[PDB]
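Quick look at a structure containing rolipram.
The chain is numbered in sequence order, starting from 1. We count ligands from 1, going down the list as the structure has it; atoms in each ligand are counted the same way. Per the header: X-ray crystallography, 1.6 Å.
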Amino acid sequence: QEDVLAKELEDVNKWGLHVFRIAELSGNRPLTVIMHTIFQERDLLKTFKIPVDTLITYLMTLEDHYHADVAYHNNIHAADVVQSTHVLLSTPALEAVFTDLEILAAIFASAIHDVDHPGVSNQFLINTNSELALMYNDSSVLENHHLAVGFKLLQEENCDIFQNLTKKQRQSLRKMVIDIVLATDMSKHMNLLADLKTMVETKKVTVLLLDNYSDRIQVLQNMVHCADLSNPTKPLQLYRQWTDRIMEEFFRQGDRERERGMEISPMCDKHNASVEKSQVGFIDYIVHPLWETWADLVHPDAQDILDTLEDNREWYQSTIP
Ligand SMILES: COc1ccc([C@H]2CNC(=O)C2)cc1OC1CCCC1
Ligand SMILES: [Mg+2]
Ligand SMILES: [Zn+2]
């Protein structure tokens, strides 16, 4: 079983990694093994003097805080976003662009980006006067929570993976991670995309030229947001599994709403839903506009990813008539 897991992990640098198989082969530890593999591949343990035992202790602890009974926003999704970010970071157009600390920040942010997710949306938490919404004043409720949990867990016994970073490095990484995870709030999508389009239009090359730090964090924010919204760009057998999972989570939220006498949110009514039309709409209005813009920034590095997205859109559309 360990040999079979080792075989699947050879594809860690490839779009379309069999992440569900890795989750099963690792004994429900996809986040831990994928993060460990990526840290080794990028030589991050040596660069930041991270003890291996500390890294594993932190990762297992973090993974434990993803909920086992939430269909989509679980440790498998975290592992997938981590691995997807890892691939985007290695795009030829961005070679030598980011510092080792910026790379560490992006991968760490991806790992913690949805930790302790309850399987319901920010709007649901707000509308139900939840403890989380009261704590966070209705603003990036989940995302603020994911960050607080991810950082707080570093303080557990033998969990501080940043113990050998300088004070300056820890301060910088903390700010970058906060800026990145907050950008995963799906209410910020339109502003994030508008800013990304402006960067494409004012692009300078010779490899992308991002001498300014404010431009670099903006690229990392969009990168992680792309990874978060990468399901429809993956091979169809993976994409369909992600669709099944998000719909299960949405339908469960709708059951909670219906039990409370609340109006059922869009796409959350199992008795009145069109999964296929909803995926086509999701791609057309959100995912394709985002990915076409990313592809333009790194042209032509992401062409195969965009082609797959387009093929998947056509497939889902073809099932409707
Ligand atoms: C695989 O699909 C999806 C994958 C990811 C998301 C993110 C944005 N909202 C979330 O809760 C997470 C939505 C999806 O589809 C939604 C729109 C159509 C139905 C669900
Ligand atoms: Mg999220
Ligand atoms: Zn996510």
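Counting repeats, the structure shows rolipram at ligand 1. The main partner of rolipram (ligand 1) in this structure, judged by heavy-atom pairs under 4.5 Å and named as in UniProt, is 3',5'-cyclic-AMP phosphodiesterase 4D. Counting per UniProt domain, chain A has the most residues touching rolipram (ligand 1) in PDEase. Here the protein heavy atom with the shortest distance to atom 7 (C) of rolipram (ligand 1) is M186 CE, 3.2 Å.
The protein heavy atom nearest to atom 20 (C) of rolipram (ligand 1) is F250 CE2, 3.1 Å.
If you check which protein heavy atom lies closest to atom 5 (C) of rolipram (ligand 1), you get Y72 OH, 3.5 Å. In this structure, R245 falls outside the shell of residues with a heavy atom less than 4.0 angstrom from rolipram (ligand 1).
Checking only distances, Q279 does come within under 3.5 Å of rolipram (ligand 1), N or O to N or O. When chain A is restricted to the residues UniProt lists for 3',5'-cyclic AMP binding, the ones with a heavy atom within 4.0 Å of rolipram (ligand 1) turn out to be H73, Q279, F282.
Of the protein's non-hydrogen atoms, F282 CZ, 3.9 Å is the one closest to atom 6 (C) of rolipram (ligand 1). The Mg(2+)-binding residues of chain A named by UniProt that have a heavy atom under 4.0 Å from rolipram (ligand 1) are zero in number. For rolipram (ligand 1), the atoms sitting less than 4.0 Å from at least one non-hydrogen atom of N231 are 1 (C), 4 (C), numbered in the order shown with element in parentheses. Residue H73 approaches rolipram (ligand 1) through these ligand atoms, each under 4.0 Å from one of its heavy atoms: 11 (O), 12 (C). For chain A, the UniProt active-site residue nearest to rolipram (ligand 1), measured heavy atom to heavy atom and given to 1 Å, is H73, 4 Å. Of the protein's non-hydrogen atoms, the one nearest atom 18 (C) of rolipram (ligand 1) is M267 SD, 3.6 Å.
Site of rolipram (ligand 1) with heavy atoms closer than 4.0 Å: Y72, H73, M186, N231, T243, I246, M247, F250, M267, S278, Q279, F282.
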At less than 3.5 Å, what protein N or O atoms come close to the N or O atoms of rolipram (ligand 1)? Include the distances to 0.1 Å.
{"from": "rolipram (ligand 1)", "atom 1": "2 (O)", "to": "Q279", "atom 2": "NE2", "distance (Å)": "3.3"}

